[PDB]
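Pictured: DNA-dependent protein kinase catalytic subunit, co-complexed with nedisertib.
Chain labels are A, B, C, ... in exactly the order the sequence lines appear. Quick note: numbers on chain A are straight from the PDB entry, i.e. 2551-2580, 2784-2899, 2917-3198, 3226-3362, 3369-3391, 3406-3429, 3440-4009, 4039-4128, in order. Chain B uses the PDB entry numbers throughout; the residues present, in order, are 973-1230, 1241-1303, 1323-1457. The structure shown is a partial extract from the entry, and contact counts are restricted to the extract. Counting convention: from 1, in listed order, for ligands and their atoms alike. For the numbers below, each heavy atom of this structure counts, side chains included, while hydrogens, waters and symmetry mates do not.
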Amino acid sequence: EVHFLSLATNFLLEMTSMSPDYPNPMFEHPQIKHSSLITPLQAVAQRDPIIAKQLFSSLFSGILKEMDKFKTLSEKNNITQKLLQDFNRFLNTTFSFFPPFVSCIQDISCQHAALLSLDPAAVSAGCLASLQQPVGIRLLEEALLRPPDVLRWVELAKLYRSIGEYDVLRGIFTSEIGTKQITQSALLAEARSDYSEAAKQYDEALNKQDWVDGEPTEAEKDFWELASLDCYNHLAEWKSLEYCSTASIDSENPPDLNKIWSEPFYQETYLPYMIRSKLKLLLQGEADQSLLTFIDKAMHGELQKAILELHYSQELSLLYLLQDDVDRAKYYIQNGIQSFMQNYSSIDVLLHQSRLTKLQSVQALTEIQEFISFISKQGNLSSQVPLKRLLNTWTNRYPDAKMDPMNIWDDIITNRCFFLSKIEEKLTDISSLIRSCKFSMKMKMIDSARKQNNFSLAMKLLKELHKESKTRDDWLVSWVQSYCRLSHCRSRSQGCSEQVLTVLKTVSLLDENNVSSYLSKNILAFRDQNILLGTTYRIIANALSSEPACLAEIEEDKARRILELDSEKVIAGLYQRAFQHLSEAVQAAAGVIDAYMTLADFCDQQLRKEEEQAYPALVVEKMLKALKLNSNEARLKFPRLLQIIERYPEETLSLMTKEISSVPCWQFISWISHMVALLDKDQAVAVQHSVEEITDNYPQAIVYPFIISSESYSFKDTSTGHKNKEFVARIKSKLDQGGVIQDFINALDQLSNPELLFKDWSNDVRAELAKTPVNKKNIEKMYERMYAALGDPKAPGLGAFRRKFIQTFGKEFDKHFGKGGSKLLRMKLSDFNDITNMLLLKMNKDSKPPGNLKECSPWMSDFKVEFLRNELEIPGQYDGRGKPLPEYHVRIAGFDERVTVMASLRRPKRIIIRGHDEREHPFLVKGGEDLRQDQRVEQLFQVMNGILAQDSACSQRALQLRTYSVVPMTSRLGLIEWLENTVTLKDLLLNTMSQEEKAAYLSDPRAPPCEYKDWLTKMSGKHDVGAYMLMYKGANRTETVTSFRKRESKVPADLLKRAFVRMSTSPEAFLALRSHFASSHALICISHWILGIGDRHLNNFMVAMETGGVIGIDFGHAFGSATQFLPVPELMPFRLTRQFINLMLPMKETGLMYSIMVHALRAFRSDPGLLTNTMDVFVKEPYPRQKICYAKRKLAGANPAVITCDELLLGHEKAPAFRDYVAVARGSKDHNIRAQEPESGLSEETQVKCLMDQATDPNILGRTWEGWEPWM
Amino acid sequence: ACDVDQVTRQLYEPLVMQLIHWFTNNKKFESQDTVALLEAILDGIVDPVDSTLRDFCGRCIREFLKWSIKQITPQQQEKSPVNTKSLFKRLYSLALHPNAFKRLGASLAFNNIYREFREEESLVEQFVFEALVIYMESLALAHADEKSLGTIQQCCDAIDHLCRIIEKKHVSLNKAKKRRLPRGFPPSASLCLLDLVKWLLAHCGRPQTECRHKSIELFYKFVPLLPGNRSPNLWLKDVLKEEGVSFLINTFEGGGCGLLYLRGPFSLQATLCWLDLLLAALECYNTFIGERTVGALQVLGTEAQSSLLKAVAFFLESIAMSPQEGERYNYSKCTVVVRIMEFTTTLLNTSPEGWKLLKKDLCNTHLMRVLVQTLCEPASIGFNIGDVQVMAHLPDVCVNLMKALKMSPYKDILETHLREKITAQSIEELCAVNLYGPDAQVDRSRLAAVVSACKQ
Ligand SMILES: COc1ccc([C@@H](O)c2cc(-c3ncnc4cc(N5CCOCC5)ccc34)c(F)cc2Cl)nn1
């Protein structure tokens, strides 16, 4: 079969030779014969198997298309069934699965409907042996389109389980292999890594008896068995794992023999788990003589030996080193090394997370080989320093927590424990450091397991490490500390009663002889123990803060603990004893700043409780002490406590100032634009030194507030206002001195169309002087600013340079600007602005937006850096969390000579500014528009995905937003870092579809746009906004859903899937593109709901046309804003419309666009409060309080529908059909889970389930904004 | 086409040539196919490490030039966006570009298409003969990228190729025609050659080194091409007397001749740029007074209140009184101390009648002290041990300065100052009892330096 494809193509292309169709196929002038294209095609089609595969496939397809003329339908079906039988024979009979042969038959079986019902079992087994899973995945997912369709699902799930893709795997063990109710429960228990009750109710539901609602299918009984095997593998109780491996195959007495070797399903399903459990148990120290004999008897024949030797190749090495035949264990580990080589080289490169998993074993197998090599030295058993530096390198080399699942940690730690036990018994201090190495290594594994939420394995690891954790004082404090922090961490997802119950019991184990005589010697260990004690009391206290009575209602003897450490004075007692423990930690790396955060967040959260004992004084010291080190979390607390001192101005500023003075101040750039805001208001001294030091190391960061806030602030004759204003003017003079940054700003300012700036000025005068003629001297003080650019053509020439827009505009608008200067300078009425309207429309008609070239601003057009006069340093570097190096930062070096005015109302335009890195960087420039919103929500996205990269669940899924560098260089002028090789969704959607259907979508009364407009007009009464409120009392759910489905049926369902299968050319390409798109869009949507991002039209979405990943853009609305202010509310958390759904099927919408949402929401509501308080500083600068409250609610657990009700009641008081608004927000109580769920306390999974069932709810998508396009 | 093997090179070279032929034809004219081919061949001419591709891409561009004029008729050579006019405009934009590998591409394009456009006429007096200035600016932009990147080499080679044909074309065809205006020139109807050398005169002291050189040699080859066929000796005196004294002094002073923050070595490129401008003035004076073009006392002296002498005095008073930029500053200050030595040489050895304008400030312990310090321990003034041209060339400029200095009066501070450092007792005490032993560095290096100085 290696050569079968070249052979077949040769044979087929022979019979073309002796045919008369060789007449020079073109016989014209640009020729060539009709054979010099066929003979070399076949010549190379037998040198490489890819051209062989691909010619065979295209020629097979061509034959079967040109046989549609002859070969009558009955004869067709006969021939196609002959081919299908032949292809089943191919798959079942093949011996060494040649990947291009398997893929050739398996994707020519996909292009024809009759041949599409091939063989799920053979398809799957051949993909697994050929390591070519995506061809089978496409085949099975096209067979599962248009039991046979339950064993197809079993094979599909079997075939994902080797490509990682565990989320879409779990998405059909809950939607196709289902229909009972314990399945979902146990799969949910498995998803969030609680593999204790999941396996428990796999067993008890596999052991169950009656369940009188239906007998459980065998297709899910064998599932439950496999899932229990995998769950027991995760929390590695290998007892239960071997028991389950032997359970469903034979009787309870373990006979292990050729029973597994028969019926290959026993092989595939039990052999890995069987030898894993058995050999692991052999490794930790036991004999049991159980798998060794099976392996040894299996060392015969071909079938019983080749599979195990070729596909395990490392368990063999461990077993044989146990048997101490070092040569064969070696041979097997090297064979495993070439096994990894051939496996890894065969996974496609686009199959990410398959190559990760294959690569994660390299560390372990190299450990195996390096140990067997290290032990081979005869003198190695006499010299002890080889052991010394082997231990040093092995403690330097670990798998990483938060990006290696617990099976890799398991492998490494257990194998190393066996190796080092062998070393210890081979050399009878050394053994003290031996025991130290084991103890510390197991503790490291425990820490890893704990910080990625695999709680139960951490618990069992403490339990198995407790027996020997008594020989030393440090080991005692280590065990108690590890267990106690385990308890704190695992006491968060629990209910409040469960939290207090389970963190109260880690108190007696904390006041025993661990604080006796050991709170004296190791001050850092003393501090860590103090932190654990304080945080224990903190969890209990902050737990009972929920309710004053019911919390202390279900309780027992433990209450005396509550009594000893009324019923409302215990609150303060726990608080103050925790405060004492926490403070004694504070006076005593990051342990100093861990104490600082624990103290400061206690104080701050108790403050935010009280707002409805100088904590306002206490927080600042520890915050700034930690910001004296590096800390994102300590970065924050300037403005909150500056406000609480605006309430109480007497105390604790100079200590703030003293601590802020002594620091490397490269850590305020990330917050520079917030601290420069306060300099316009009182108490401004809080940020004076560090800004004046930044401006001397990283000097550009003042121009943006203090050319706007300066005239927005009225500095009176106050004794401190004059010195602050001279301070800001002195930095301005010391920062703005080169006239180069201002020159770039004026070049970009003139790059804006004069018409839009004139329109902005007209809006200002119509909104300022028209309300009441009392605001005096404003027009006089602002007319010269716009006249400095507009009006006379020589004003910009004096300012920056001779301008082409003012050349064609100031000259054209001469006798109108003369009238403006004559009368509008002191008119101060704004009563009759028809002159402004006519001037604006004249600008619209004869001041064309197409400048068509960059020459319009010669300074940009002729930048050509020639001398150092403060070179520009293109804006967008200086992230934060690094020591800025303005020499590695890209400096501007020129401009590309073209400008394209991308078409919008305000019409920004995009520029291609060059750079000295020899690369290139394009940008957008927005003139007249404030870009604090975009830059600052992008600051939020950076902090979000910094959170994400630190959650192991989100990290392993490589969950990151896509962010672009937004940098406003002033209000009315910003630039935006335009990303490379992207496209908007609208262009994919309308470029994949055909011309006929694009025409039908654009110009047709039955099209969803025209249908929707006609629907509103015809059964509302009028044509414009407000018809929705009239509608909503006679717009019942049934009719609206029916009309929505009617209009949706027009637009094609498989359209975005066609896009991805259109630019792929491979199954792997399609698979990776679709998975990337779904994952990225899931986190886009949930991160856009955490802070209500409205206005998610189809055009606010970018997508890479090189990875398929998604990018959110144009964050005009940032909080609940379209749902509170806009005339047409947007009652939906996020866009999850028809095309996103139909992208993934047969897979249901709850398998990958659910688990990613779940992990993201979990990472978001597991916070110090970073999102919440960064949002506090988001909105609290000039009901924002209820905005923050809604964000706190819908981040700390809440119902999306009650939250949207809150938004709408805040923004639609006494509004028409407000009852219908709330009824369409809340749900139906019989068709939407959103309605049927409580107000709060919802889990991540339940919150997101209600969220999606609100997003895909047809009662809202039937009625929303016409341009949002709810049908696509 | 330009592949490593012979079979697949001699195959596919005729392919690309024949496609260049066919895509350059009225049937394939004004086609996105042809503009795609042109784009591809360009971004092959301008790219990194594939140089064997740049060579062949230059060959393809010269084939383009051949067949585009060979095909497009003059009746339609007014609306074509792919004709030779727009080809040369895109070459210019490719040349005036910040990228160290696109200017190289335009250099290769010229180098390959000079064999044409010089055997063609009736339209060639506006495209490139006028745009020698633009590729001069290309050599100006090449000031920073890398000597070994080959940008300066190719750029010099193509200014070469262009001068060797403009000199011939415009000696007889020198009339007030409507030649197309190049960049930077004053807007006028006629730009024949008088303003070409007037532009060359606008900066023979531009801080960028190789463009300055090329401009100076472009005078020294172009001045005998006016109908008068005169020579610079009388011309500079003529223009100085008919255009004011300040003209020739200022157009060599630079732009920025007017602190102690950099008295200690610093890399603040404002200082490096002042050093560059001082070097420009040094070179332009050296190359003008040095040959008989102007007299040493003709342009030097207090009568016109010059500025060179003041800043060179300040230099030798304050030349030899971040971690890696120190070597950069040392290099750029040593490359100008050497040039002021060459300036003193071309000031004395040219006319021993103007030494009176060399005021005693340099005839103090300022000139002679750096002299002595190059002679012995040249690393003291920042000469980094490890260069090639500078170290091997130093004992040449130093000795030639000594031999210009001996004849003149200021050989007396010379003798009585060398004698304080290479006095006999220094040589005798260096030759101590034991010079063969482990203490190699100090003894052997000191003797090597003093012996090298004595041999100079
Ligand atoms: C052919 O492409 C496209 C794309 C979008 C659209 C309209 O939605 C569109 C988008 C904006 C707009 N706003 C804010 N940030 C942006 C950020 C953008 N980025 C940054 C990240 O990298 C990708 C580009 C792009 C556009 C942005 C705009 F001001 C006007 C329009 Cl009319 N029209 N055409």
* **Other chains with a heavy atom under 4.0 Å from nedisertib** => A
* Asked: Which residues and nucleotides contact nedisertib at a heavy-atom distance below 4.0 Å?
  -> A:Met3729, A:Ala3730, A:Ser3731, A:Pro3735, A:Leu3751, A:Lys3753, A:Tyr3791, A:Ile3803, A:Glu3804, A:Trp3805, A:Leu3806, A:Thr3809, A:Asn3926, A:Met3929, A:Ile3940, A:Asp3941
* Asked: What is the UniProt domain of chain A where most contacts with nedisertib occur?
  -> PI3K/PI4K catalytic
* In the entry's source annotation, what organism is given for chain A? -> Homo sapiens
